[PDB]
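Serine protease 1 bound by tranexamic acid.
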Amino acid sequence: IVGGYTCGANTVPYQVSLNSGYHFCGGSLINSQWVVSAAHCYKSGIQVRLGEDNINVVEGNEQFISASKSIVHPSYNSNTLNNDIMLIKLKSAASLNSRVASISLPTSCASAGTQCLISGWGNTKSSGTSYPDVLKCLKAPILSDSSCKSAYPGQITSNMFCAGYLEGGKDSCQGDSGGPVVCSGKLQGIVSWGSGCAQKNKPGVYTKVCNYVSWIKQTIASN
Ligand SMILES: NC[C@H]1CC[C@H](C(=O)O)CC1
Ligand SMILES: [Ca+2]
């Protein structure tokens with residue numbers, strides 16, 4: 001997260017870290033057994049880390065649970081990142097508490113201009129590299145579809161939206177992939193892709209979760 005702030009320990013209790021020897025992506029807990037992340041975060045051997053603040057220090061509220069299965073969206077296209085969504089099942093149910101909590105799925109899509117919270121352990125520098133260790137947060141609005149498509153002509157599908165600031169300075173960044181965009185208490189986005197971080201006219205692009213709620217619910221119910 002570039003241009004954000006330190007969330008505060010466990011203030012985003014649905015935020016998870018995906019770990020394969022090291023943190024490599026975010027995700028969002030949607031019930032005690034299931035996490036939603038980006039399909040481009042897929043790999044084998046994932047451990048889901050819940051209740052994290054400092055990802056380099058055991059602080060006492062963590063739960064580390066291996067994934068038993070991953071399900072990439074059937075229509076995911078790795079070249080264009082269309083349908084950049086994946087479900088991860090936990091081998092044992094998380095113990096839900098005030099610091100480890102699920103986020104509700106959308107009942108409808110959110111409007112342009114709605115303010116959202118984006119969070120993650122990614123790079124905090126728009127030029128160069130610095131990783132923060134504690135969870136960073138950013139308040140950012142959903143941008144109009146026309147401004148999104150103007151920023152990335154030929155690349156935005158109906159399964160994507162932009163959020164952030166066309167003037168730059170505040171954005172998601174490397175290592176935030178797969179993490180949440182929450183608006184009005186619902187998981188509306190997944191950190192998906194962009195061009196650089198916090199550059200003018202290059203906002204972050206997010207998977208449009210509201211298009212996937214039926215697939216999420218049916219997939220969880222059958223797996
Ligand atoms: N600034 C958006 C940001 C989205 C994730 C991406 C990635 O890490 O794959 C990097 C760019
Ligand atoms: Ca920790």
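All residue numbers refer to positions in the sequence shown, counting from 1. Every number for a ligand or one of its atoms is a count from 1 in the order of the listing. As a basis for the values below, the full set of heavy atoms in this structure was taken, side chains included, without hydrogen atoms, waters or symmetry mates. According to its header, the structure was obtained by X-ray crystallography, 1.4 Å.
- In this structure, every copy of tranexamic acid sits at ligand 1.
- Lab note: contacts of chain A with tranexamic acid map mostly to UniProt domain Peptidase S1.
- Here's the thing with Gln174: none of its N/O atoms is less than 3.5 angstrom from an N/O atom of tranexamic acid.
- According to the entry, the source organism of chain A is Bos taurus.
- Every atom of tranexamic acid with a heavy atom of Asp171 under 4.0 Å away is listed here by number and element: 1 (N).
- Remark: tranexamic acid and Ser172 share an N or O pair separated by less than 3.5 Å (distance only, no angle test).
- Nearest UniProt active-site residue in chain A relative to tranexamic acid (non-hydrogen distance, 1 Å): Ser177, 3 Å.
- By the criterion of a heavy-atom distance under 4.0 Å, the side chain of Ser177, and not its backbone, is placed next to tranexamic acid.
- Residues of chain A that UniProt gives as binding Ca(2+) and that have a heavy atom less than 4.0 Å from tranexamic acid: none.
- Among the atoms of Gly196, some N or O lies under 3.5 angstrom from an N or O of tranexamic acid.
- UniProt lists residues of chain A as binding substrate; of these, a heavy atom under 4.0 Å from tranexamic acid occurs in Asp171, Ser172, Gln174, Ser177.
- Applying a heavy-atom cut-off of 4.0 Å to tranexamic acid picks out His40, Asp171, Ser172, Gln174, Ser177, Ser192, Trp193, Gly194, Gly196, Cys197.
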